[PDB]
**Student:** 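As an example, take this structure containing nirmatrelvir (bound form).
Numbers restart at 1 for each chain; the letters A, B, ... are given by sequence-line order, proteins then strands. Hydrogens, waters and symmetry mates play no part in the numbers below; they use all other heavy atoms, side chains included. Counting starts at 1 for both ligands and their atoms, following the listed order.
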2 protein chains.
Amino acid sequence: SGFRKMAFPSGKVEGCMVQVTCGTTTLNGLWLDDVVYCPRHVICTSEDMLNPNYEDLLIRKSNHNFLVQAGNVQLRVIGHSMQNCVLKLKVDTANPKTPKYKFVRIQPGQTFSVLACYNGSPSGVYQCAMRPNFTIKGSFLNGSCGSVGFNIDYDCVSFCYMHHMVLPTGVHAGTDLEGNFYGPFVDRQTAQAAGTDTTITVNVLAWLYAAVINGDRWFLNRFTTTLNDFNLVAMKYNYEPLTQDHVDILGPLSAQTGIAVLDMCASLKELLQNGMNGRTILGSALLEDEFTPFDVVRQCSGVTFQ
Amino acid sequence: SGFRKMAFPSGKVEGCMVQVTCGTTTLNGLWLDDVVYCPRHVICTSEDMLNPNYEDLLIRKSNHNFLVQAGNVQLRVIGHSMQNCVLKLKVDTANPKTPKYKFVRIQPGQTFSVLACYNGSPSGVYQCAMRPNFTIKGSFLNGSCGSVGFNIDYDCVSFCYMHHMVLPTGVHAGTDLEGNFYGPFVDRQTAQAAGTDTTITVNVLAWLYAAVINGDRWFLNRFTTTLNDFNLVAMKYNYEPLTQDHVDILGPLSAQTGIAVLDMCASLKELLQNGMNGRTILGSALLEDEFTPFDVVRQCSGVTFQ
Ligand SMILES: *C(=N)[C@H](C[C@@H]1CCNC1=O)NC(=O)[C@@H]1[C@@H]2[C@H](CN1C(=O)[C@@H](NC(=O)C(F)(F)F)C(C)(C)C)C2(C)C
Ligand SMILES: *C(=N)[C@H](C[C@@H]1CCNC1=O)NC(=O)[C@@H]1[C@@H]2[C@H](CN1C(=O)[C@@H](NC(=O)C(F)(F)F)C(C)(C)C)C2(C)C
């Protein structure tokens, strides 16, 4: 009953959050086993960030220059290295709350939960999508850098995002946990803009299935369409092409509701060409594209985590 | 940068979730110190729930009939009692993860986070409002009963909601942690309907302030209004009357933005009488009323929890 944007329970990630200070710059770090991961611009003054030479700034630092605080306990730093745009601080204490984890690089269209943190302390959790233009539509203030995005599978936390910056129009950019940015962005205070974004078609279809599962059914028309003809229409309205892989991923929802993916594509085609005429779907006046097919299954089938 | 529905970090509550089974009925319980709290209808068969006599059903149970599982560990039950619609199971082990906590009864219009659980295990977290008709618009499946709603203040978890049932139109109903239902509902499978709902006016105003803080400003008109005249208009569109207490609670946002509450009331009055003309506010095509003034401050000022 009901369908909501829903984040993963954050407790496993909360126990990994620490504060990292270098000089007068403080941000969040992620403490897994005996390594703390954080954005490399913790080593920058405000003036360094206009055109930093990270390798140069880092050669002038030593272990003791990094103040790492887990709550009210300082963690002694015994090694450091730079991996792409991420700094790795080796500490002399393994985090006893470390969950089973992986580092993954997610694909555009996939969703994850963000645990927004300041000074190493969690402020809130929300659900995000990696946009096709490799930005995310988050909520972040000064000092949020080093907040992470993650998915959970039973007992395993898959970390996929570390926050670094905000761009014009207010969208956010960051890296995977190997320090590689999503998209063409750089961690420098210089002129940068996101490319034009597009609508994640497979996710809109997943969300229409969620609507049907939840009894919100007015938009279902009596028609079908071809994959080729749907994608012709989708292009006009700035929607990602639907691939056969996407059709296959939608199969569980298609089987659950008895609606073929291409039949649902016919209904979405009408909605795009005609609008929603002041009606809502699942309480929303716009078509929603930040639920994956898995998100829909997970929420409508009550999948839990251990 | 950005404004999102954002839940409290759930870790403190995750460490209190347990599974409670009686007979063949299983649901979630909340384990604080040496007491487990859960909905009393765990003692009902499917047929009992049509017209249960809870006192009668409970007199036929003894301590050993209650199977309480915290992960893979069974907690021995050494006492039980019924308090309104909640069952309290005394166990022989205090929960070592118990946070500092309070039980509170929230008022209509206030928000909280729900940790949706199945079989004692957390599935996800989302933000909810107590509606003026004493329902909540949640996302709950079979077996979710005993999931709780809560707010966090620094280190203190204020539990305010325990989930019990879903009503026609798909809205949900439940109790505070003393077992008293919000609204006129009863924990019986019988014909029940929510009253007509209304829009939480103070929260819409808080959300308009969030829009201004985030630079989304088109709806601001050049006018002002009286409290009396605004509420005349608000009545027509099924909005709660705005009280002076509400004006005072909005003062921090009014001071932050330089916009008097009654000036913002003039802008909201235009939006109601005129619509949004296909425009969005903070990405939304409808006026949003599930952010409190505190929610707005907390998200735009980065308040954290310890
Ligand atoms: C980390 N704590 C912050 C998070 C930012 C701050 C406000 N909202 C956020 O998401 N990260 C930064 O301040 C980064 C950081 C230098 C500058 N920066 C920016 O986000 C800047 N953005 C850009 O220069 C642009 F447009 F290219 F993205 C700023 C103008 C301050 C918003 C570094 C090392 C990139
Ligand atoms: C607890 N696990 C469930 C949560 C429900 C189940 C589906 N979505 C939810 O939120 N609670 C119940 O099944 C409760 C419970 C008996 C019956 N019940 C209902 O929710 C029923 N609702 C009503 O009878 C109504 F309309 F009055 F609210 C049901 C028809 C099964 C949806 C008790 C003890 C009230």
**Student:** Could you point out every ligand or chain corresponding to nirmatrelvir (bound form)?
**Tutor:**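 Counting every copy, ligands 1 and 2.
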**Student:** Out of curiosity, which chain makes more contacts with nirmatrelvir (bound form, ligand 2) than the others? Name from UniProt, please.
**Tutor:**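 Greatest contact count: 3C-like proteinase nsp5.
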**Student:** What other chains contribute a heavy atom less than 4.0 Å from an atom of nirmatrelvir (bound form, ligand 2)?
**Tutor:**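 Heavy-atom contacts under 4.0 Å involve A, B.
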**Student:** Can you check which residues touch nirmatrelvir (bound form, ligand 2) if I set the heavy-atom cut-off to 4.0 Å?
**Tutor:**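 With non-hydrogen atoms counted, the site is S1(A), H41(B), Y54(B), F140(B), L141(B), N142(B), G143(B), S144(B), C145(B), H163(B), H164(B), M165(B), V166(B), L167(B), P168(B), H172(B), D187(B), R188(B), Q189(B), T190(B), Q192(B).
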**Student:** Does any N or O of nirmatrelvir (bound form, ligand 2) fall below 3.5 Å from an N or O anywhere on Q189(B), backbone included?
**Tutor:**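 There is no such contact.
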**Student:** Which UniProt active-site residue from chain B sits closest to nirmatrelvir (bound form, ligand 2), and what is the minimum distance between non-hydrogen atoms, to the nearest 1 Å?
**Tutor:**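 Heavy-atom minimum to the UniProt active site of chain B: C145(B), 2 Å.
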**Student:** For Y54(B), counting its heavy atoms only, list the atoms of nirmatrelvir (bound form, ligand 2) lying under 4.0 Å from any of them.
**Tutor:**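 Answer, ordered by atom number: 34 (C).
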**Student:** So, for nirmatrelvir (bound form, ligand 2), where in chain B are most contacts, UniProt-domain-wise?
**Tutor:**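 Most contacts come from the UniProt domain Peptidase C30.
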**Student:** Could you tell me whether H163(B) and nirmatrelvir (bound form, ligand 2) have an N or O pair separated by under 3.5 Å?
**Tutor:**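 Min N/O separation from nirmatrelvir (bound form, ligand 2) is below 3.5 Å for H163(B).
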**Student:** Can an N or O of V166(B) be found at a distance shorter than 3.5 Å from an N or O of nirmatrelvir (bound form, ligand 2)?
**Tutor:**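 Between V166(B) and nirmatrelvir (bound form, ligand 2), an N or O pair is found under 3.5 Å apart.
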**Student:** Report the residue and atom in covalent bond with nirmatrelvir (bound form, ligand 2) in the deposited model.
**Tutor:**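 The answer: covalent bond to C145(B) SG.
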**Student:** I need the atoms of nirmatrelvir (bound form, ligand 2) closer than 4.0 Å to a non-hydrogen atom of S1(A), numbered in the order shown.
**Tutor:**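 Near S1(A), meaning under 4.0 Å from one of its heavy atoms, nirmatrelvir (bound form, ligand 2) has 8 (N), 9 (C), 10 (O).
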**Student:** State the atoms of nirmatrelvir (bound form, ligand 2), each with its element, that fall below the 4.0 Å cut-off from a heavy-atom position in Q192(B).
**Tutor:**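 So the atoms of nirmatrelvir (bound form, ligand 2) that pass are 27 (F).
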**Student:** Is any N or O atom of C145(B), backbone or side chain, closer than 3.5 Å to an N or O atom of nirmatrelvir (bound form, ligand 2)?
**Tutor:**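 The answer is yes, given that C145(B) and nirmatrelvir (bound form, ligand 2) share an N or O pair closer than 3.5 Å.
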**Student:** I'd like the atom pairs linking nirmatrelvir (bound form, ligand 2) to the protein - N or O on both sides, separation under 3.5 Å - with distances to 0.1 Å.
**Tutor:**
{"from": "nirmatrelvir (bound form, ligand 2)", "atom 1": "2 (N)", "to": "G143(B)", "atom 2": "N", "distance (Å)": "3.4"}
{"from": "nirmatrelvir (bound form, ligand 2)", "atom 1": "2 (N)", "to": "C145(B)", "atom 2": "N", "distance (Å)": "3.0"}
{"from": "nirmatrelvir (bound form, ligand 2)", "atom 1": "8 (N)", "to": "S1(A)", "atom 2": "OG", "distance (Å)": "3.1"}
{"from": "nirmatrelvir (bound form, ligand 2)", "atom 1": "10 (O)", "to": "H163(B)", "atom 2": "NE2", "distance (Å)": "2.7"}
{"from": "nirmatrelvir (bound form, ligand 2)", "atom 1": "11 (N)", "to": "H164(B)", "atom 2": "O", "distance (Å)": "2.8"}
{"from": "nirmatrelvir (bound form, ligand 2)", "atom 1": "20 (O)", "to": "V166(B)", "atom 2": "N", "distance (Å)": "3.0"}
{"from": "nirmatrelvir (bound form, ligand 2)", "atom 1": "22 (N)", "to": "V166(B)", "atom 2": "O", "distance (Å)": "2.9"}

